[PDB]
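Heads up, this one has polmacoxib in it.
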Amino acid sequence: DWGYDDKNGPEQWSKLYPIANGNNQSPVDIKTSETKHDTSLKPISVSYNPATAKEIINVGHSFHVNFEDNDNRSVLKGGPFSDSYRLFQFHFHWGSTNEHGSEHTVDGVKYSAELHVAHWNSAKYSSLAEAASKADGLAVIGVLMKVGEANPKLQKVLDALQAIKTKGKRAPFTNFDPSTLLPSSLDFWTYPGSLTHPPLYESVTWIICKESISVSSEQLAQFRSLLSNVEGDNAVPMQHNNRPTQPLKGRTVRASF
Ligand SMILES: CC1(C)OC(c2ccc(S(N)(=O)=O)cc2)=C(c2cccc(F)c2)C1=O
Ligand SMILES: CC1(C)OC(c2ccc(S(N)(=O)=O)cc2)=C(c2cccc(F)c2)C1=O
Ligand SMILES: CC1(C)OC(c2ccc(S(N)(=O)=O)cc2)=C(c2cccc(F)c2)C1=O
Ligand SMILES: [Zn+2]
């Protein structure tokens, strides 16, 4: 139903998903003059087991790399968290052009694309499903991506894309540690927010990295070469899937630095 186009995109979401106009919506513009340093913030600690990598799948508006959810082999802790959060997938957002495709912005600056590494609170909840709509249910690391030099760490992901050309296509995807996609500095901002597309639950603690990572124009072109349609239908390229930033509505963005 929803999407990113002229008829079903972000401007239209609040019709079926009224929380689109909520007070903890994501993404946001991080104004660095207005962030608050939090000395009680601990360093971010991620520990992912490459063996938890399971599959890669075209979900129509995007593609996802899913991880096995059985145990806490791959976890995120530290930062603002009391609980350990279990990794369950990562994915990207990008734009119609190579220069304008991220979701979060920093001091009004839009980046080329964005990496999201999603986790759920398995310490407190029974399942991803139970956590999905709890204020403290999900944790997502966002990394801003800036077009420039090719990023060698993306290669395994990119090579898999030809195996998931149309909506619903899935392929095995194993032995990969997405922490290798993270920048060297783990300075970060954090703020309370939401999924950046429907159902838009305000269930997400966001961790946004201070440093960007690279991506080349040719690599972004591989993202856009995916199709949003089901095989057999007319081809619709997966051209863009980033949401505009949303008002902070009183929220405070905390900085670890
Ligand atoms: C909108 C609705 C019902 O939700 C999902 C979906 C939910 C959660 C996650 S995830 N990986 O947990 O974030 C990913 C996808 C799909 C979906 C799943 C596989 C292939 C596909 F083409 C679509 C849907 O059709
Ligand atoms: C299977 C999986 C991952 O789980 C949930 C989900 C489960 C339970 C609850 S809750 N907290 O019980 O209301 C909330 C969400 C969805 C889901 C995805 C898109 C739209 C939607 F409405 C639900 C999924 O695709
Ligand atoms: C609640 C639960 C498990 O989480 C997500 C989800 C996670 C992270 C982000 S994001 N872009 O990082 O904020 C956005 C959405 C979905 C989901 C729903 C519909 C389609 C889909 F592909 C995924 C879910 O069903
Ligand atoms: Zn995302």
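For chain A, we keep the numbers from the PDB entry: what you see runs 4-260, in order. Computed from heavy atoms alone, side chains included, the values below leave out hydrogens, waters and symmetry copies. Start at 1 and go down the list; that is how both ligands and their atoms are numbered.
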Worksheet item: By ligand number or chain letter, where is each copy of polmacoxib?
Response: ligands 1, 2 and 3
Discussion item. I'm curious which chain is the main partner for polmacoxib (ligand 2) in this model - what does UniProt call it?
Written reply: Carbonic anhydrase 1
Practice prompt. Distance to 0.1 Å, residue and atom name: give those for the protein heavy atom nearest to atom 19 (C) of polmacoxib (ligand 2).
Written response: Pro202 CD, 3.9 Å
Practice prompt. With heavy atoms of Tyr204 as the reference, note each atom of polmacoxib (ligand 2) found under 4.0 Å away.
Written response: 14 (C), 15 (C), 21 (C), 22 (F), 23 (C)
Fill in: Active-site residue (UniProt) of chain A nearest polmacoxib (ligand 2); heavy-atom distance
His64, 9 Å
Worksheet entry | Heavy-atom nearest option to atom 4 (O) of polmacoxib (ligand 2), drawn from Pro201, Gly140, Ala132, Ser130 | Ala132
Discussion item. Quiz question for you: does at least one protein heavy atom lie closer than 4.0 Å to atom 15 (C) of polmacoxib (ligand 2)?
Written reply: yes
Worksheet entry | UniProt domain, chain A, most residues near polmacoxib (ligand 2) | Alpha-carbonic anhydrase
Worksheet entry | Taking atom 3 (C) of polmacoxib (ligand 2) as the reference point, the nearest protein heavy atom with its distance | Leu131 CD2, 4.1 Å
Discussion item. Is atom 11 (N) of polmacoxib (ligand 2) near the protein, in the sense that some protein heavy atom lies at less than 4.0 Å from it?
Written reply: yes
Item to complete: Specify the protein heavy atom at minimum distance from atom 13 (O) of polmacoxib (ligand 2): its residue, its atom name, and the distance to 0.1 Å.
Response: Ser136 OG, 4.0 Å
Practice prompt. Please check atom 7 (C) of polmacoxib (ligand 2) for a protein heavy-atom neighbour under 4.0 Å.
Written response: yes
Worksheet item: Organism of origin for chain A, per the PDB?
Response: Homo sapiens
Worksheet item: So, for atom 24 (C) of polmacoxib (ligand 2), does the protein have a heavy atom nearer than 4.0 Å?
Response: no
Discussion item. Any chance you could list the binding-site residues for polmacoxib (ligand 2)? Cut-off is 4.0 Å, heavy atoms.
Written reply: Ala132, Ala135, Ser136, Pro202, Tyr204
N/O to N/O under 3.5 Å, polmacoxib (ligand 2) against protein:
residue, atom, partner, partner atom, Å
polmacoxib (ligand 2), 11 (N), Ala132, O, 3.2
polmacoxib (ligand 2), 11 (N), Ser136, OG, 2.6

